[PDB]
Undergrad: 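Sharing a structure, written as structure tokens. Questions coming.
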Amino acid sequence: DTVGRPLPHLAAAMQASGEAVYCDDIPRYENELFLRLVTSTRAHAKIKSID
Amino acid sequence: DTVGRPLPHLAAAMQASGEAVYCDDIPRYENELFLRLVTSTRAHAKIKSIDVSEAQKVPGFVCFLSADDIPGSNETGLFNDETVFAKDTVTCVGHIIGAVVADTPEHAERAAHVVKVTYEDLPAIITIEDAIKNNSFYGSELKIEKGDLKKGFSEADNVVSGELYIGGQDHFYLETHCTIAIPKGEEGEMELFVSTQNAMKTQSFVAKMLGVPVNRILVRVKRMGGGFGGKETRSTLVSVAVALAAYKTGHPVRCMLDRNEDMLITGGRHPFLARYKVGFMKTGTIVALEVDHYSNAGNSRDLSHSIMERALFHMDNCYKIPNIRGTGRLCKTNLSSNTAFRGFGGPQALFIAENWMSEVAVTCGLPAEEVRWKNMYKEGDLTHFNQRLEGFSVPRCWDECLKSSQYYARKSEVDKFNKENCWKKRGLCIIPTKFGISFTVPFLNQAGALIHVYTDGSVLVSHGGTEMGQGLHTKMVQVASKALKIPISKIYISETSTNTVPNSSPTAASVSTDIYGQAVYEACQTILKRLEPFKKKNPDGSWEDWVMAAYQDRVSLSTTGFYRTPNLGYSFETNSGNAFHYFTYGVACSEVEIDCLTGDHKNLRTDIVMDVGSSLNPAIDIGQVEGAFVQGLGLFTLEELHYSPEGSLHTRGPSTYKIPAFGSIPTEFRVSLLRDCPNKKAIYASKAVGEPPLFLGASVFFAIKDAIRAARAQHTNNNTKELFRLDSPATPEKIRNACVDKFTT
Amino acid sequence: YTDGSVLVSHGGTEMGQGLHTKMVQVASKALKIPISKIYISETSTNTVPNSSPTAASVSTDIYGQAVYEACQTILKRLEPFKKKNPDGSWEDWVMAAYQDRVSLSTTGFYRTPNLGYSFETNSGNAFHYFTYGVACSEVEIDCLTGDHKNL
Amino acid sequence: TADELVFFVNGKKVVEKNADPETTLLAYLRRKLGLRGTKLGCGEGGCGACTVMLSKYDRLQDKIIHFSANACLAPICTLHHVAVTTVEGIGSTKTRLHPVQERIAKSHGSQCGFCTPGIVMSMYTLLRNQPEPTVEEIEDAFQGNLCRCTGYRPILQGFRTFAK
Amino acid sequence: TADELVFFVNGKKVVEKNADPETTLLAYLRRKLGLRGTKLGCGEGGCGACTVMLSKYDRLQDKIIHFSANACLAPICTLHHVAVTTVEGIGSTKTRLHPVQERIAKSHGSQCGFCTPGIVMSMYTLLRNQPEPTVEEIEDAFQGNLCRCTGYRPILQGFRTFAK
Amino acid sequence: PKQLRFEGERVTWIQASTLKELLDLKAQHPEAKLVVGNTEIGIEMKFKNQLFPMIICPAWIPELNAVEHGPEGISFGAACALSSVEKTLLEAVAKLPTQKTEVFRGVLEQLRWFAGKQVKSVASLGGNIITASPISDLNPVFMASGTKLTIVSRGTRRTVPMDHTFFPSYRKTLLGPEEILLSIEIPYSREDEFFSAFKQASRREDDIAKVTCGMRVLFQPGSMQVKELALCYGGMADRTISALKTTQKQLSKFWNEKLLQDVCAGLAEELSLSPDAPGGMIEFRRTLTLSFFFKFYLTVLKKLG
Ligand SMILES: Cc1cc2nc3c(=O)[nH]c(=O)nc-3n(C[C@H](O)[C@H](O)[C@H](O)COP(=O)(O)OP(=O)(O)OC[C@H]3O[C@@H](n4cnc5c(N)ncnc54)[C@H](O)[C@@H]3O)c2cc1C
Ligand SMILES: Nc1nc2c(c(=O)[nH]1)N[C@H]1C(S)=C(S)[C@@H](COP(=O)(O)O)O[C@H]1N2
Ligand SMILES: Sc1ncnc2[nH]cnc12
Ligand code: MOS
Ligand code: MOS
Ligand code: FES
Ligand code: FES
Ligand code: FES
Ligand code: FES
């Protein structure tokens, strides 16, 4: 019964060792590709061409 | 509402385009490694050394694994009498000793072949005969007994006795065993993609071997390219081996077996020896029966006890027999452990019954259909294990089969053909069957489901059962659609997983549609109830409207569902309480022509009438009848496993093991489902279909025997009332030799 | 599961606030078993559908409650076994419920009561309750540079 | 000091610069090119789960010939200037199914589905050589194809629709 | 016509035959060697999420030196005969945690956990240079490490246990 | 269209474009292996465990692919696929009179339930012959008919009819180490010449104990008196054998009940197996050798009187 006791965060040890998995830490498939967003450089405008 | 309509299997289109994913079709991780088992070449020996220096020279080699590398427990199997990896002593030819891990499956194969093992041989037990004389059994005698045996025999006009053997069978699922294991690196967590019928035990066995709570392990199963019982327990041999490799290396690991490895390692159906004695009257009426069954179980227990139980429960077929003792024993041998295979001991006991029956007909000199019919149960009779037969529909099935096969007319033709032909003969036989529906283990008859409805009104269903081609998911989607009253296109099932439905029984015993159908049905009702108030508020809106108002009003759209089969629990003392929920019935008639000079035969025609109550899907069901039957025709005529004197298997591929082919099947093949016979006891009045039909293939076996008799009457002796021994499978060697003539002699 | 270990899943996500840690502490007190017997793995749309975003500080309140209801349902189904074998362990009770075909899986759900403020009428509760606090701070500024220390 | 191997898979050019003589076609399609339609059933030529269609211009005969073949035994090194067609080459649920695929599906000729790609490629080879075959030619095109689920009736019944 | 690059990562030899001068160490650890302890926070040297320890024998000084560095800016090409230590190199829950890892974990100095490997490597570098530091040296070892969850107090309180 | 080289971890493969290129290569490398369809070599490398570091592929060579129609019979290049041979033979049979196609109809029979189209499209004729399986369905037919083999090397070239001496021991043929099989001539049958072929249905062990046979009889002009007799069997020994001693005794005799008796006595006796012969099925096999002849005996009669 631990309710009310200063129990450390359950993943703390593995965050400190680098073993806890975040999203980009997941291994890639052999055919896995990558994406990069292309973004506006204007506040407000008509797009007249993309090359 | 599609219940009762011939809807094609939901994945069929994607199966025909190559787009459906099986286990090895899943892409690999960049760092993904490959495993190959290292296996014994001895029946029975001490391991004296293991040398890996040559395997180390192979490019891509990563490591060898053995019993020492295991952090948890090297104790495994259904009764805990198996090792994951053998330690000091091997106990059959395919016994697992270790494994090799490499960077390609080509490299794995090359490294495994080159591992040197040194043995010191120990004396071995291979045959059933060997096991009896050395007294080599698991557990103690099983028995069922009714009436008075002395007295039965003392009032019999006649007696007949003998011995019968029935060979085993390899599953030959087109897709072999297969596991992927992915280690997370946190807290022992592991996710596995596996070709199995038993995601539950896969999860248990992996966690035990690892030394880790069951809640760390996720097992996921999308589909199997065939199971037939061989994936109910024996898939854990590959599964646990692969898990350990992922644990130890820290990388994803996989393994798919080659055929030759699968047939040696993973087990087949139990061979059976029978010793029998029947007492009967001049009329052909049976009056007393006694049978001792011995099965060849191999080097562990596995399912062998349950298989013996179902056999004893089936030693009567469709025949009333007032005085009866059946016993059973399990032979402990140095061969790969045998296991479940479609029928589960039922076809073996059923085959033994029809054999003495055919000998009663010949000894009395009466026609067979007549002797079989005089002896049938009638509506309301009790069986040798004191269960009542209700809605017993074999008499109907029999009657319609005789009529639509034109049995008596075609019988004349056969005699005619036999009077005019010298070195070719024809045979014609007709056979009944009954099959009990339920796991003989009361606690496995439970099932759970989990349903979510999302805010677009689309529905995700998940239940404890797996797809192996039998169309289970197709059927559950039909069920849900009828229960919720929305089209099937709104409902989807994706996979079977231990984190959506826990503690589930293997997909087996033919009961899956019954039990998961029921659990899915309960989850639907709960959803309907919760949606009811919104339907009342907007009677003229659509499904999507009611779902979205329930959501905005904070009513939950997720629920479990559960079912537990009622009133099950047979006792081996007392000899009472129900062992089965109900029975499935059918009748088959087959005709063959043999070549007396070569042993070859042709399957001219087969007619089947099968009782499946009101079918949920006639097309799936007729498909299940044809498949099962053709596998039975394989068991009794084509398929044969053959070992060396030292206990090593010779038959290891399609070129030495012949399963039925396109031209194996009967030129005229006809199946009807019986009409107007609803089953009160199961979902939407349907009945289990998977295993009950397989035994009907024996009708081809007994048509062949009938044709050997006429060949024998031609060339050998004048004793019509002569008995000869014919074992299963009736290969061409057995058929030719039995046709004794001026050449055999 | 049949070994007596428990897998908990709920609509909330971990982002460093310790939500999972707290749910595990809740489950453990509710079931009366040590925390080492309970595990949470991840958050997924195939286990808990239609969830609100983890936000507004209420996640502990609302998922705690839902986890709590699931535990009660489990304790009720396990109650007859505990009576048959009052001196056995958690493990024994789990296995006898399993072998007697009583389900060991359940949902749980919670709906905050008496909420609904109206911009017309200017009434009904907008919040369930209020959280309160007080802070005192002292700084030193350098009037020539704009720089400051927090003392 | 090593020649390039150049062949075609589903109409697309493959230039293998480092062919290994031991590499099977089956292994190349699954593990190098990522086309998992074609399946491993036995590795010894008896089951047909691995059936593909091969096409080449016959320098002798003068014609283009189409014949079926077991990918598990075909060395990639016998395939310089050969064209390969796999199950994913003739139709797809993403675009449109070929009639061979449609008919087997809708006739209940597929259950577990593992042998279906191979049977589909045997029927399709037969059609490309002979657009209107006899019932007899149909039964025969399948001697090297095994199926453990269906008992065969529904597959023949569905394909017999292509005859006379 | 191109030289091999040779370096060490966690006591193990790496022989790079085709080094590209544009390749960062951060990218090489994560994507080439599969060690994801070390994290991408900004790519421009301000956050320390990517902090590692570098060790070399200084041909001038005569000594071995240990200093911390940003993996996101270090070109692998500056690293010939350099030793890299990452968070996975000092301790693990699979074997045993280094005291640096233990104290931060148990002091509640890790919440979301993304900055913890980099803070761990800054403290560890300081300890290998000075086994018994002052409170002042401790506070100072962290000017290049940002944390958004904890407000810092518990990390300093935990690490101040190594002082005097 | 030139010669290509492929280099592997263990194997070098040369695709020969020309007859010359091949004979040069087989001379420089006598131990090298010829691969056409791979339906045997592939099996030996995966299962029976062999490694052959040097392979040569002759498929591209014309000659070895050639199909020629002479006065004596039909000639097939050694690399011709089994389905080409089948296709060509079906055509000759639908077009020439019956009395000329008895050997052809035998070959077509052995080829009936012999694997599927996939295998028959790549399996080469020369491959089945040189592999020399004790259970090969084609060698017994070829032997009983004296089908002619053209064997060639840099320098040498010879044409021998196939007889019992062509298979000296388990899995070997009477070719020199530098030699290749170039082409195979299947004969027309003459007047008073009759032929049959048979094979045991299933099969149980790898390359032993499956009875398969070729049978040939030649009569004196317009009569029923034997001039030549040939009965060759597979699956009875560790190679294709002929029943010389038995058939020799029937020369000059007439085709009747008593001839039937003596060949059966002769067969039972010449081909007998010890009870521990590899492959088992001892009585079945013996029964087949007699039974197959009984069928031949009747088929000949129906084709005469
Ligand atoms: C599933 C299946 C079923 C089969 N069924 C039967 C059957 O029913 N009856 C039967 O008899 N066989 C059967 N076989 C054997 C099969 O027919 C042979 O594999 C085939 O004919 C050999 O041809 P290949 O070109 O593929 O030989 P390869 O594997 O390429 O080589 C075979 C051997 O012949 C040699 N060789 C090839 N060409 C020449 C040349 N011209 N000169 C000198 N040596 C040469 C090679 O060096 C090699 O040793 C079967 C095989 C399989 C795969
Ligand atoms: N196509 C196909 N049908 C099959 C099988 C299979 O593996 N493939 N297994 C059989 C066996 S052994 C059983 S127990 C039932 C199991 O599924 P069910 O309970 O849904 O019938 O399917 C039967 N029919
Ligand atoms: S009865 C029966 N049939 C099939 N599988 C089983 N497993 C356990 N009991 C069984
Ligand atoms: O009960 Mo099916 O797995 S034999
Ligand atoms: O309500 Mo917190 O997610 S901003
Ligand atoms: S995989 Fe069985 S034939 Fe190729
Ligand atoms: S459908 Fe399962 S093998 Fe054909
Ligand atoms: S990533 Fe922020 S400093 Fe390297
Ligand atoms: S713990 Fe979240 S950034 Fe430091």
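Just so we're on the same page: letters track the sequence lines, and every chain starts at 1. Contacts here are counted within a displayed part of the entry, not across the full deposit. The analysis underlying the following values was restricted to heavy atoms, covering all of them including side chains, and did not include hydrogens, waters or symmetry mates. We count ligands from 1, going down the list as the structure has it; atoms in each ligand are counted the same way.
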Undergrad: Which of 6-mercaptopurine, 3-deazauridine, S-warfarin, EVP-6124 matches the drug at ligand 3?
TA: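 Of those, 6-mercaptopurine.
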Undergrad: List the macromolecule sharing the largest contact count with 6-mercaptopurine (ligand 3), named according to UniProt.
TA: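 The largest contact partner is Xanthine dehydrogenase/oxidase.
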Undergrad: Find the other chains whose heavy atoms come closer than 4.0 Å to 6-mercaptopurine (ligand 3).
TA: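 By heavy atom, the other chains are B.
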Undergrad: Could you help me figure out which residues touch 6-mercaptopurine (ligand 3) at a heavy-atom cut-off of 4.0 Å?
TA: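 The heavy-atom contacts are B:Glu232, B:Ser306, B:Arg310, B:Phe344, B:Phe439, B:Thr440, B:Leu444, B:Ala508, B:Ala509.
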Undergrad: Just to confirm my output: which protein heavy-atom neighbour is closest to atom 5 (N) of 6-mercaptopurine (ligand 3), and how far is it?
TA: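 In this structure, atom 5 (N) of 6-mercaptopurine (ligand 3) has B:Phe344 CE1, 3.3 Å as its nearest protein heavy atom.
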Undergrad: List every atom of 6-mercaptopurine (ligand 3) that sits less than 4.0 Å from any heavy atom of B:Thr440, numbering the atoms from 1 in the order shown and giving each element.
TA: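 With B:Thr440 as reference, the close atoms of 6-mercaptopurine (ligand 3) come out as 1 (S).
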Undergrad: Which residues of the UniProt substrate-binding set in chain B does 6-mercaptopurine (ligand 3) share, counting a residue if one of its heavy atoms lies under 4.0 Å from it?
TA: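 The UniProt-listed residues with a non-hydrogen atom that close: B:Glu232, B:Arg310, B:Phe344, B:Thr440.
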Undergrad: Give me the residue, atom name and distance of the protein heavy atom closest to atom 9 (N) of 6-mercaptopurine (ligand 3).
TA: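 The closest heavy atom on the protein side is B:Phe439 CD2, 3.6 Å.
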Undergrad: Filter the residues UniProt lists as binding Mo-molybdopterin in chain B to those having a heavy atom under 4.0 Å from 6-mercaptopurine (ligand 3).
TA: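 UniProt binders with a heavy atom in range: B:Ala509.
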Undergrad: Near B:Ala509, which atoms of 6-mercaptopurine (ligand 3) are under 4.0 Å from a heavy atom of that residue?
TA: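 Numbered from 1, 6-mercaptopurine (ligand 3) contributes 3 (N), 4 (C).
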Undergrad: Would you check for a covalent tether on 6-mercaptopurine (ligand 3) and tell me the residue and atom?
TA: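 Covalent link: none modeled.
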Undergrad: What else, ligand or ion, lies under 4.0 Å from 6-mercaptopurine (ligand 3)?
TA: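 Answer: ligand 4 (dioxothiomolybdenum(VI) ion).
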Undergrad: Write down the UniProt active-site residue of chain B closest to 6-mercaptopurine (ligand 3) and its shortest heavy-atom distance, rounded to 1 Å.
TA: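 Going by UniProt active-site residues and heavy atoms, it's B:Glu691, 5 Å.
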